[PDB]
Amino acid sequence: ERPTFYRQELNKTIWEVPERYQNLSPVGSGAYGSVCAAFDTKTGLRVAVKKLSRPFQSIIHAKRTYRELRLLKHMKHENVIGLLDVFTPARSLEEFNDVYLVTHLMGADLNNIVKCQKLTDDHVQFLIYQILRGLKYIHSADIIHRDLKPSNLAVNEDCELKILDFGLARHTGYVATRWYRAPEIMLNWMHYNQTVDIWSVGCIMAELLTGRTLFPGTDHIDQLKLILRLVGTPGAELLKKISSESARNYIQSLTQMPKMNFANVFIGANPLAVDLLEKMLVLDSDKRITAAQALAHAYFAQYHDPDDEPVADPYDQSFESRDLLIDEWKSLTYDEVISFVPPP
Ligand SMILES: Cc1ccc(-n2nc(C(C)(C)C)cc2NC(=O)NCc2cc(F)ccc2Oc2ccc3c(cnn3CCO)c2)cc1
């Protein structure tokens, strides 16, 4: 049975939602959509609702819409956002033009937790453990997040964490994606692997330990300069792996920089935290630690449980290779909306 919908304007966006979702309030807004917090009067819990902006306006938007809904419908893990509800006011494919996605509202993002709580080393252990646990699951579905940063980590007052991706394309509480980006993806060095996300985790962990952005570059050139000042310039073995000629010629043109000893950078940190950082912030991603390996690191001895670090069910990404028209991406999305089944 179709719920009763109501309409409401909030910060210039028109929201049309089932009456179960009330007290809508803004969380974030950018070119691709907006997110509000609300109260779900069915369950008595707070939820976040994402409305895609004109999701079938172009091929790239239609495919993004479908990708997000496919992925959110698949994610079933404690440390990753999951889909509580997906709805449209439209009563048929013909009038389907808006998609809304619903998840459990977490207290805050990882930035706001730093303002509120004083993160001891135990807190850092627990928070990074959960990121890696969620990343192991995500990577096991052959998915790379690519956008990990503190604003994409949702945290409650109990310091329980979930990975999400706002996906709104915001630019200047601003947190730049580039500050957490591995150099090999930022500069298109080579066909990169899943451990670009581990680079991001290292940057986040560093910031949780020190209170400051590890590499706050103002553009990609300054970003790389800041990175190489810590980890040193690529040596011969890694340069040869930079298969982009333009990228390699640029790196080879820079003044060589020595690698720093992280024990002298992260003064007073748990030695095991320093050791993990040294394994995540490896320039050569063939040598960078994976999420599964990092979960086994002695830094996480208090939390690590190999029988409770689950992997994902097989995720069918054959849609990624298809070249479809807007109306075809729209119809596949509509199918996925209609087939959704709430979790129990
Ligand atoms: C084209 C594209 C775009 C994105 C993705 N993508 N990829 C992932 C992976 C699996 C890779 C991590 C996740 C997603 N997408 C989202 O995470 N979409 C956000 C979302 C979805 C909802 F259904 C409802 C609200 C949403 O936004 C929020 C915002 C803040 C929130 C919550 C909760 N707490 N808090 C903190 C404040 O209290 C939720 C894939 C493709």
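We number chain A the same way the PDB entry does; the residues here are 4-175, 181-352, in that order. No hydrogens, no waters, no symmetry mates; every other heavy atom, side chains included, goes into these values. Whatever order the structure lists ligands and atoms in, that order sets their numbers, starting from 1.
At ligand 1, of the options selatogrel, paromomycin, pexmetinib, dihydrostreptomycin, foretinib, the drug present is pexmetinib. Measured by close contacts, the chief partner of pexmetinib (ligand 1) is listed under the PDB entry as Mitogen-activated protein kinase 14. Measured on heavy atoms with a 4.0 Å cut-off, the binding site of pexmetinib (ligand 1) is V38, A51, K53, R67, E71, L74, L75, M78, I84, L86, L104, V105, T106, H107, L108, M109, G110, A111, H148, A157, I166, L167, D168, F169. Some N or O of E71 is nearer than 3.5 Å to an N or O of pexmetinib (ligand 1), by distance alone. Proximity to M78 (heavy-atom distance under 4.0 Å) selects the following atoms of pexmetinib (ligand 1): 10 (C). Those atoms of pexmetinib (ligand 1) that come under 4.0 Å of a heavy atom in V105, given as number and element, are 23 (F). Mapped onto UniProt domains, most residues of chain A near pexmetinib (ligand 1) sit in Protein kinase. UniProt's ATP-binding annotation for chain A and the heavy-atom shell under 4.0 Å around pexmetinib (ligand 1) share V38, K53. The contact set between pexmetinib (ligand 1) and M109, taken as ligand atoms under 4.0 Å from a residue heavy atom, comprises 33 (C), 34 (N), 36 (C), 37 (C), 38 (O). Those atoms of pexmetinib (ligand 1) with a heavy atom of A157 less than 4.0 angstrom away are 34 (N), 35 (N), 36 (C). Numbered from 1 in the order shown, with element, the atoms of pexmetinib (ligand 1) that lie under 4.0 Å from a heavy atom of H107 read 33 (C), 34 (N).
In summary, the atoms of pexmetinib (ligand 1) found under 4.0 Å from a heavy atom of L104, numbered by their order in the structure, are 22 (C), 23 (F), 24 (C). Of the UniProt active-site residues in chain A, the closest to pexmetinib (ligand 1) by non-hydrogen distance (1 Å) is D168, 3 Å.
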